[PDB]
Enquirer: 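Fosmidomycin + 1-deoxy-D-xylulose 5-phosphate reductoisomerase, experimental structure. Questions below.
The order of the sequence lines fixes the chain letters, beginning with A. Numbers in chain A come straight from the PDB entry, and the residues shown are 1-398, in order. Numbering, chain B: per the PDB entry, residues 1-398 in sequence. Quick note: numbers below take in every heavy atom, side chains included, and nothing from hydrogens, waters or symmetry partners. Just so you know, ligand 1 is whichever comes first in the structure, and atom 1 is the first atom listed for that ligand.
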Number of protein chains: 2
Amino acid sequence: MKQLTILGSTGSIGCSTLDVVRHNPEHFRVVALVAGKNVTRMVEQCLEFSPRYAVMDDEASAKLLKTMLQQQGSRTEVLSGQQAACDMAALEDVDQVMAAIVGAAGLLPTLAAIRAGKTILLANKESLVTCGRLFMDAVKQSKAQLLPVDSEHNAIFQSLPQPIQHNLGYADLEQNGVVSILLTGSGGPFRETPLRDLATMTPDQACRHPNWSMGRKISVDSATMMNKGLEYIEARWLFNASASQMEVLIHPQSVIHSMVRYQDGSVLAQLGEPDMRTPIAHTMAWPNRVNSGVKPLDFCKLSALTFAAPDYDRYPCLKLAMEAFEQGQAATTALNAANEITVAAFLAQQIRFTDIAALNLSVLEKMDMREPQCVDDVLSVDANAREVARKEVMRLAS
Amino acid sequence: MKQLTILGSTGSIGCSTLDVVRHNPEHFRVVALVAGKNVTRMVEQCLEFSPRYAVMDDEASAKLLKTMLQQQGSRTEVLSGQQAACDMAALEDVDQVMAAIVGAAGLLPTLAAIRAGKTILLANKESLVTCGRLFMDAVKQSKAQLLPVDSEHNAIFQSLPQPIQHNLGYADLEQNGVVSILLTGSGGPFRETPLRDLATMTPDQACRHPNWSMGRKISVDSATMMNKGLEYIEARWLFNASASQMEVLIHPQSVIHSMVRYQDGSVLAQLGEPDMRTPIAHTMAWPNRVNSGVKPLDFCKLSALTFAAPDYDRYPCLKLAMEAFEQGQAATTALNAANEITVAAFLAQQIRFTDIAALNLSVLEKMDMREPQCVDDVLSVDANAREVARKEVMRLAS
Ligand SMILES: NC(=O)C1=CN([C@@H]2O[C@H](COP(=O)(O)OP(=O)(O)OC[C@H]3O[C@@H](n4cnc5c(N)ncnc54)[C@H](OP(=O)(O)O)[C@@H]3O)[C@@H](O)[C@H]2O)C=CC1
Ligand SMILES: NC(=O)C1=CN([C@@H]2O[C@H](COP(=O)(O)OP(=O)(O)OC[C@H]3O[C@@H](n4cnc5c(N)ncnc54)[C@H](OP(=O)(O)O)[C@@H]3O)[C@@H](O)[C@H]2O)C=CC1
Ligand SMILES: O=CN(O)CCCP(=O)(O)O
Ligand SMILES: O=CN(O)CCCP(=O)(O)O
């Protein structure tokens, strides 16, 4: 049996992860749950799975949680704060850490798991994007194995040969017959929206993905295709790919999750229902397999699968992220930090949908800072670009 | 470097194979070529690649070949007949044998390669279909590794995990997380032809595949979907799959070549241009990769990819083959033998297109014979069902 600490257990991926455990009691046991403010969800999960520990990031939420748990007679002890999260990710009995906190806030707890040599089920993409080579150095230095959870990177992982799978980010693609990595695809809920209508799209409209049920941040990133930009940066670190070995493709139907080109013409791909339990269960069981709760993909009830090239006028964010990689880690760290702030601003109805890409570009220009040489510098650049992002948000606020 | 005997070098797959060699002189060398009657093609290939030996099955064709070769000053020695083919497939210097003769005639030379412990690049599907468990017993008994060349079985092979790849036909699918094998797909050139028009389709119309350039036999089998029936039988032996672990799906566009379901919902698939150099080059280089001459599949210039369930009224042959597997090896051997005769009859304009499935059914009923216990019995059943098939052909001939 394998034992998990789940970071961000109350989110969409954390809930999908717990459902995989729920469908496989004899293979998986949850030792610790870690979240932020969602008390009702955490108390559902603590009473159900009886974890040893439960962390809420915010102190007042931990108090409410302990009151309900101690009333029912639960054995789950409640802690709080960032360091508690880091300690839960480094427990001796833990075999796997589902890194599924949203944004760069999940960096430090995820790095604690990596320093303790845990198997990292990596979903929290903003952490790798913002930390870059320093994240990959930390994994190599320790005894830790990265298993990508993100639909796209998991699909690519499953379509890569074993020398790559067993030396992720350090193996050579060309030596193993890989020409490029094909990153798909959805294109968001405003794919077919007229360009001049994009600015009037509300948060509720941006969070209604046709195929995916996700958190709010990641759903807005799907709409702007900043998600694909962040996954592009991430894929280059995860799979040791250069700009010329990367491709980006819109696939509206979200059936194909991503692909890998090979020298002989072959393209290996992962397919299935647009449902995160599948890739989550891939990593939890790898190199074996388990049932995830997802039913078999019925090919006779599908929409015709199409592909199209991404239009940078429709998706200014994609361009921002792809060029931020060429600009370096300071700009990338600054971009991700800015995108976190502007997406939050958009959801709070402070700015318009298309203001996300305008203000993101603005923050990047106003940032002038040295390339991070350590994790502290990564957080200093992140903190400083958030300050700038907030100022710009208020420059477009009613 | 690796050295090949190519069986059926002058056919469509043999030509595709030689083009892979042509694109990789430093990785591949042809020691021997083996064909039937196509003298102009064999003399092209002997003068180009300067093989040690060249076999033509028919004696008069070997004479014509030797005349031209000895005039130019070629070092290639010409032999003839079936035993010569078997000896070429068992030469000490040979590393790989491309089994690409059409029909059951390729059985014995392919079995010679298997007894000599060669790496079998298996394209000749009628040999495995007609020989069944006895073919798989011969491979296990020897030091031989099967690498499927057929578009579909190669795609499946590339989408299966390594324990299956390294113990093909003897490994357990369920233990390795495989739920089913998804076999696609094209549906032939008469897919959208009205049912009542099928009987007036000419040989020339049946050999015009939208996506594939193949030999005539295999193209008619695509039109009746007997090809998919033969690949269904073959897939069950190659990958140790039961009826419930097999699926059949029409995919008109021929972009996806076949897929594999997994327990967690995952479906791994191979994609690419409909071009046999790709899967051929997969096997020749495996587990490495080489260039095959096939360009990268442009996803932005594709037709929408559709899938549909096969209709047995449109494709009576598919039903015949799937049920012939339940009926045993004698019926399967008899069916394949009958289909060889009727497809030949159709191409020679002796019977109509839809007469293929009628006469195939007829032969099966009139056959009453014991299950083969050895290779000799397989050939006795094959020989006897050809006799019957010929009689039935003349019962519908003008
Ligand atoms: N959902 C999906 O289909 C996919 C998500 N991802 C990525 O995975 C990550 C998770 O996304 P998703 O689950 O959708 O986001 P959600 O908004 O649904 O949930 C995020 C989780 O993180 C927790 N969290 C936030 N801040 C902290 C903190 N500082 N300390 C500890 N926990 C915190 C939240 O707790 P709480 O809610 O209690 O406040 C919540 O449980 C993201 O980085 C996303 O980009 C990648 C591919 C797919
Ligand atoms: N073409 C394709 O895309 C695919 C083919 N296959 C299978 O692979 C095999 C090859 O098919 P394909 O190349 O299309 O067929 P072709 O008709 O194009 O060629 C068949 C080859 O076999 C040779 N041959 C026939 N009889 C004998 C004999 N008795 N002794 C030695 N050689 C002989 C022919 O020689 P000659 O022409 O000189 O008489 C020819 O070179 C078939 O079993 C087919 O089902 C499977 C998947 C795809
Ligand atoms: O894992 C899932 N994602 O990454 C979100 C996919 C939606 P997109 O393809 O529009 O980014
Ligand atoms: O390798 C190629 N084939 O098997 C022929 C494919 C055409 P079909 O899918 O119609 O059988």
Enquirer: Could you list every ligand or chain that corresponds to fosmidomycin?
Expert: ligands 3 and 4
Enquirer: Which other chains show a non-hydrogen atom at a distance under 4.0 Å from fosmidomycin (ligand 3)?
Expert: A
Enquirer: List the residues that UniProt gives as binding Mn(2+) in chain A and that have a heavy atom under 4.0 Å from fosmidomycin (ligand 3).
Expert: A/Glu152, A/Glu231
Enquirer: Which residues define the site around fosmidomycin (ligand 3) at a heavy-atom cut-off of 4.0 Å?
Expert: A/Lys125, A/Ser151, A/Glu152, A/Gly185, A/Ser186, A/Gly187, A/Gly188, A/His209, A/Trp212, A/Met214, A/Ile218, A/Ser222, A/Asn227, A/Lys228, A/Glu231, A/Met276
